[PDB]
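Going down the sequence lines, the chains are called A, B, C, and so on. Chain A is numbered as in the PDB entry; shown residues: 78-286, in order. Since chain B takes its numbers from the PDB entry, the residues it shows come out as 76-286. For chain C, we keep the numbers from the PDB entry: what you see runs 76-286, in order. The numbering of chain D matches the PDB entry: 79-287, in order. Excluded from the calculations below are hydrogen atoms, water molecules and symmetry mates; all remaining heavy atoms, backbone and side chain alike, are included. Just so you know, ligand 1 is whichever comes first in the structure, and atom 1 is the first atom listed for that ligand.
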Amino acid sequence: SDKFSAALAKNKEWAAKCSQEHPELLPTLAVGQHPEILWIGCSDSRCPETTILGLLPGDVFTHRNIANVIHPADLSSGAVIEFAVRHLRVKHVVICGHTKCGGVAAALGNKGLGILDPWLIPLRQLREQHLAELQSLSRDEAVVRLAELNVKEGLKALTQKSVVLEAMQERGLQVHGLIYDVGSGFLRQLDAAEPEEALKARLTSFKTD
Amino acid sequence: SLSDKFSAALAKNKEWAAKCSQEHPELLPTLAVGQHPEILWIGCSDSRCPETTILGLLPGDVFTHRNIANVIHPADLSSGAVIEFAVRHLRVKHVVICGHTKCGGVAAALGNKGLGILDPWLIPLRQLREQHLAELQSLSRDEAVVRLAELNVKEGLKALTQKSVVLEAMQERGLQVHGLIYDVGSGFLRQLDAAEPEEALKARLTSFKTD
Amino acid sequence: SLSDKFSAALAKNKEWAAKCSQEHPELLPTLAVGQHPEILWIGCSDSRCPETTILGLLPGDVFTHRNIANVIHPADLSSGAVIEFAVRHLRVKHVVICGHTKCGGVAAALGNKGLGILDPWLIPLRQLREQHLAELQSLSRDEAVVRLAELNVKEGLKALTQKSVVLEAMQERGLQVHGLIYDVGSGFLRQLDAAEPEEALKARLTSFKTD
Amino acid sequence: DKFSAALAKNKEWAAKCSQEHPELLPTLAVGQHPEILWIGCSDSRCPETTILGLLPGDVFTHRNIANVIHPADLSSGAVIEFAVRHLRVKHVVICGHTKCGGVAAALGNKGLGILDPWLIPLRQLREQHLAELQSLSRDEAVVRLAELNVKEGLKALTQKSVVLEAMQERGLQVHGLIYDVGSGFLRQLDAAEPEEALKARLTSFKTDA
Ligand SMILES: CC(=O)Nc1nnc(S(N)(=O)=O)s1
Ligand SMILES: CC(=O)Nc1nnc(S(N)(=O)=O)s1
Ligand SMILES: CC(=O)Nc1nnc(S(N)(=O)=O)s1
Ligand SMILES: CC(=O)Nc1nnc(S(N)(=O)=O)s1
Ligand SMILES: [Zn+2]
Ligand SMILES: [Zn+2]
Ligand SMILES: [Zn+2]
Ligand SMILES: [Zn+2]
């Protein structure tokens, strides 16, 4: 069965249902978006943000990439963060990793993957830093642990951006780390504690005028 | 409201997980064994274009990349890595590039306001604006936004087919590529005609196919 | 030891520092006060194209960026940051893009061997190969390398003039841009004619100059 | 006109070079075999071939603002891959310099447009070493951050499989230098890392055969 032609038919059925059951929603969204959440998650087909959050179109500004990696100088994630934080003024930035992330699993192996190798470098940087801890775990346990370390490192890379530090001080922007369990459907919050003195050093080092 | 949208979203997630356990208890545990999506979706980050919702599909159906204005920069590692993985490893049957009506990324490229880090990101849209300037200036402002959104999807399909991994999959298994526009006002997807002369793809094969 | 090129280079550095102190004792201390180069050079990393040597110039004269095959990716931060700094802050009067004969980067783009991380880097040369394929196929292999090297310089000058900082400097203070080919066999630089129809530069100004 | 003057000086240099090293340019035309890859600053005061007292063909060169190695940068990535795997250079040199205004800009808090994402790695080092940098004078902090940047660059360089392979297979060496723009001297940084550091890097980054 052609999944593309099947998807177009299901789109038309969904759009007609939306007109019947929430007739104001799509026309009000056409006037302009006002999402309160920026979601940075994995491209993994099992992590569709709006479905797993039980939300609607217009609720979640979304960036998805392999293993939800934030490269500090990546223009793709950089442009979405600039737009979502400065222009849409989202109240929340969520970084969501997930269980059974094959990107994280690839980083724990040493098989050459072409253009994927430079993309996964930040996961291999965390692997080197945390090697003794990761080697003490089973492969399945290491995949969860490195997925968590990657979310926490992402929150650090996110808060190293002046536009985020500005929004946190000016209008109480909040940032959050999650792990999605692909087997249960539950989001879990990471404790993601950093000393107060961590954000002070970051403000000094990264906030610009 | 007075409601924290983050804590409200976690509560709704638990309600959705409860519904999955009650109505389709096999689905999430079978997906945890491994994904097998047949579709790679490259679309806009715009909150109004959630691919799995608007396609009426489930988790596991759509491998997804979303960025500002669904732009494919040829040497971007972010889109590059997702295309390599989806095409070579997951062996998707379809790559969809979906633009949308009222794309403010496309609209920003038709303006000349300095937007900081967004300026280098939108360069491919300004390249299309320069190439098609006479055509775009002959339209109304709102028609030029729709037209540039279409040209951007078509240019994205060209950038996509400049990748050896995609040309190989098109030859080896008839991987298909599709250009769509999402109408944020109606919820309908429409297909772009997106024909290219045969001699276009032959020159591309010669110029970009790699061992 | 005596065959180590690195320890030999450090010894030659100390000999060069001694020569500077003996022959031009004011030069290095006056440069330490601040640089004022009038030229930004964008050239190939090729060991045969050291800009300051081949121009017969001194330290402080040439602000320099060198990469594989002197390629300007429009959204590359590495070349982007050097252009912003050289044009807006140092206020260079000249931006030079220098290609060269026997550029193996240009030759690699005319081949179809997979080269790992070099593949995405060379995409702009394969874009030119696809656009100019009939012309390149009508030439010998060696002539196609020279022609693609020239097209690459000219395309770089286009990418350079798509940047508002360059367009601003050209309009406000007569910044000039130049395309060169370095002949690695003779040591001579030759200028490329690099003329563009008037309507080309007007569309670029409209599409890329910031308000 | 500095540009037309430079083209005239080029022609004079090429004619002189045919007299003084009559066969050098012709040997160069048949191919290049440099033994050194130089990664340095774009600063007009740091021309590698001049300050090393070397000739064309001796130094494969990459220069960027503040000699920064972004791990997933294709520009520096492509030159390292080509120089190490194809030319088989014996030495990779990362050269920082005194009075580097790129390093100085990272110690400031002015917004600089497209320069901001480029300088993030220097601001990462500033945050990590902030107590040490704040304890120094302005001019001493610039020298210190320039040194930390070279050392961090050598770490990013050795996180690349192509470099780790060459070090193991053929004793490729990597070196950190600071160029003094006022004296003309290169000095070597001690750049010591525990043995356990390079073992974790090999485990985390070297691609399987
Ligand atoms: C090599 C590689 O990237 N493998 C992946 N496996 N799953 C991935 S996911 N969770 O990003 O879809 S990526
Ligand atoms: C400056 C800029 O990028 N503006 C945008 N407006 N909407 C965008 S969208 N459709 O990508 O959400 S981007
Ligand atoms: C594979 C590849 O890139 N080959 C090269 N040959 N010479 C180059 S040069 N002129 O940039 O040094 S690049
Ligand atoms: C803001 C900025 O980049 N300023 C610079 N000053 N000197 C530089 S150098 N040493 O790279 O030429 S960069
Ligand atoms: Zn994943
Ligand atoms: Zn959009
Ligand atoms: Zn070259
Ligand atoms: Zn410098």
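Checking ligand 3 against ethambutol, methimazole, tiopronin, tegafur, acetazolamide, the answer is acetazolamide. Here the macromolecule with the greatest number of atom pairs within 4.5 Å of acetazolamide (ligand 3) is listed in the PDB entry as Carbonic anhydrase. Taking 4.0 Å as the heavy-atom limit, the other chains contacting acetazolamide (ligand 3) are C, D.
In this comparison of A183(C), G191(C), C178(C), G179(C), the heavy atom closest to atom 6 (N) of acetazolamide (ligand 3) sits on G179(C).
If you check which protein heavy atom lies closest to atom 10 (N) of acetazolamide (ligand 3), you get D121(C) OD2, 2.9 Å. Less than 4.0 angstrom separates some heavy atom of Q110(D) from each of these atoms of acetazolamide (ligand 3): 12 (O). Residue contact check: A144(C) has heavy atoms under 4.0 Å from atoms 11 (O) of acetazolamide (ligand 3). For acetazolamide (ligand 3), the atoms lying closer than 4.0 Å to a non-hydrogen atom of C119(C) are 9 (S), 10 (N), 11 (O). The shortest contact between atom 8 (C) of acetazolamide (ligand 3) and any protein heavy atom is with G180(C) N, 3.4 Å. The PDB entry lists the organism for chain C as Neosartorya fumigata (strain ATCC MYA-4609 / Af293 / CBS 101355 / FGSC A1100). At least one N/O-N/O distance between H175(C) and acetazolamide (ligand 3) falls below 3.5 Å. By number and name, the other ligands or ions lying nearer than 4.0 Å to acetazolamide (ligand 3) are ligand 7 (zinc ion).
The single protein non-hydrogen atom nearest to atom 4 (N) of acetazolamide (ligand 3) is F160(D) CE1, 3.2 Å, given as residue, atom name and distance. Every atom of acetazolamide (ligand 3) with a heavy atom of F138(D) under 4.0 Å away is listed here by number and element: 12 (O). Applying a heavy-atom cut-off of 4.0 Å to acetazolamide (ligand 3) picks out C119(C), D121(C), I143(C), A144(C), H175(C), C178(C), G179(C), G180(C), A183(C), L190(C), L193(C), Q110(D), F138(D), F160(D).
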